[PDB]
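Glucocorticoid receptor, liganded with mifepristone.
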Amino acid sequence: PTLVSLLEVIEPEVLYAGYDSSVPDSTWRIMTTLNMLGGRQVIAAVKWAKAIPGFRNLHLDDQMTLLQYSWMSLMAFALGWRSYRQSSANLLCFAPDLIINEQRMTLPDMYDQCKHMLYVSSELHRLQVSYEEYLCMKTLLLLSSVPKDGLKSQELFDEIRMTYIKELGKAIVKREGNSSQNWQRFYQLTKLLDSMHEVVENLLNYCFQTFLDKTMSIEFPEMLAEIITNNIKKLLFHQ
Ligand SMILES: CC#C[C@]1(O)CC[C@H]2[C@@H]3CCC4=CC(=O)CCC4=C3[C@@H](c3ccc(N(C)C)cc3)C[C@@]21C
């Protein structure tokens, strides 16, 4: 079996959000629903990553560090892919039952958040990215940041990232070109991967949880310790 065929088989199914359209939309209802769906997608990202060949032989500390640094990137990228594929990049397709149409986008705070995710979709559309390219690109997002002080098994990590870079290469060559166009396309796709760092930067500035949510989650002694208690190398193909 080829390596991309194995990526295809472990690719997560698309989850429903459990949003009901029988109530008028509100920003609260959508964000609340997205909170639940986002937790579920993280669980599915971990399960996917744990079956990535190479990656899965890193110590768990390395695997968990990589996931910590990349889960938002992976979810925004797959969101981008879904939106491109289901709606030709017209609409943000969080889930088959939760699509942000032109009207939901005028809801308070929707445009500002969504415009960053719609950028991913529109780039996949502009570049006409193939499914095999997408699978390899998405694995590379898992391997796109490391601790400043290095992983436990940095040498293995290097080997694994290089094998998925070469896999991306093989997906571009299959899709097509007469030499100049393979390298142009490699340039373009690796620029998109780089730009995912900036997408995630914007997306991290949004509200994770409220005070009510925080209060219900934690016992007071533990929150106290947190209060008393008051680095990352972004791997770039291009400077
Ligand atoms: C509209 C909107 C919006 C956002 O606030 C910004 C990016 C969304 C994120 C992208 C990546 C993402 C892709 C999806 O498929 C919707 C799920 C999703 C989200 C949302 C989310 C909510 C909670 C978490 N936690 C608790 C693990 C993770 C993701 C909502 C995000 C943060």
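Chain A is numbered as in the PDB entry; shown residues: 530-759, 768-776, in order. Heavy-atom basis, side chains included; hydrogens, waters and symmetry copies ignored. Both counts, for ligands and for their atoms, begin at 1 and track the order of listing. Header entry for method reads X-ray crystallography, 2.3 Å.
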Q) Where in this structure can mifepristone be found, counting every copy? A) ligand 1
Q) Which residues in other chains are near mifepristone, meaning a non-hydrogen atom under 4.0 Å away? A) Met560, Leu563, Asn564, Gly567, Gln570, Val571, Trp600, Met601, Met604, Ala605, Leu608, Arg611, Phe623, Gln642, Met646, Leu732, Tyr735, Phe737
**Q.** Check: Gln570 N/O within less than 3.5 Å of mifepristone N/O
**A.** yes
Q: Measure the distance from atom 8 (C) of mifepristone to every protein heavy atom, then report the residue, atom name and distance (to 0.1 Å) of the closest one.
A: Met646 SD, 3.9 Å
Q.
Only heavy atoms of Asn564, strictly under 4.0 Å: list the atoms of mifepristone that pass.
A. 22 (C), 23 (C), 26 (C)
Q: List the closest protein heavy-atom neighbour of atom 28 (C) of mifepristone: residue, atom name, distance to the nearest 0.1 Å.
A: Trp600 CZ3, 3.7 Å
Q | atom 26 (C) of mifepristone: the protein heavy-atom neighbour that sits closest, reported with distance to 0.1 Å | A | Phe737 CE1, 3.7 Å
**Q.** Protein heavy atom at shortest distance from atom 21 (C) of mifepristone
**A.** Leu563 O, 3.6 Å
Q) Are there protein heavy-atom neighbours of atom 19 (C) of mifepristone below 4.0 Å? A) no
Q. Is the closest protein non-hydrogen atom to atom 31 (C) of mifepristone under 4.0 Å?
A. no
Q) Nearest protein heavy atom to atom 6 (C) of mifepristone, by residue and atom, and its distance? A) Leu732 CD2, 3.8 Å
Q. In this entry, what is the source organism recorded for chain A?
A. Homo sapiens
Q. Which atoms of mifepristone have any heavy atom of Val571 under 4.0 Å away?
A. 27 (C)
(Q) Mind checking which UniProt domain of chain A carries most of the contacts with mifepristone? (A) NR LBD
Q: Measure the distance from atom 10 (C) of mifepristone to every protein heavy atom, then report the residue, atom name and distance (to 0.1 Å) of the closest one.
A: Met601 SD, 3.7 Å
**Q.** Closest protein heavy atom to atom 11 (C) of mifepristone, given as residue, atom name and distance to 0.1 Å
**A.** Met604 CB, 3.6 Å
Q) Does this PDB entry show a covalent bond joining mifepristone to the macromolecule, and to which residue and atom? A) none
Q. Nearest protein heavy-atom contact for atom 5 (O) of mifepristone: which residue, which atom, what distance?
A. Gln642 NE2, 2.7 Å
Q.
So, regarding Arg611 and mifepristone (criterion: nitrogen or oxygen to nitrogen or oxygen, under 3.5 Å), is there a contact or not?
A. yes
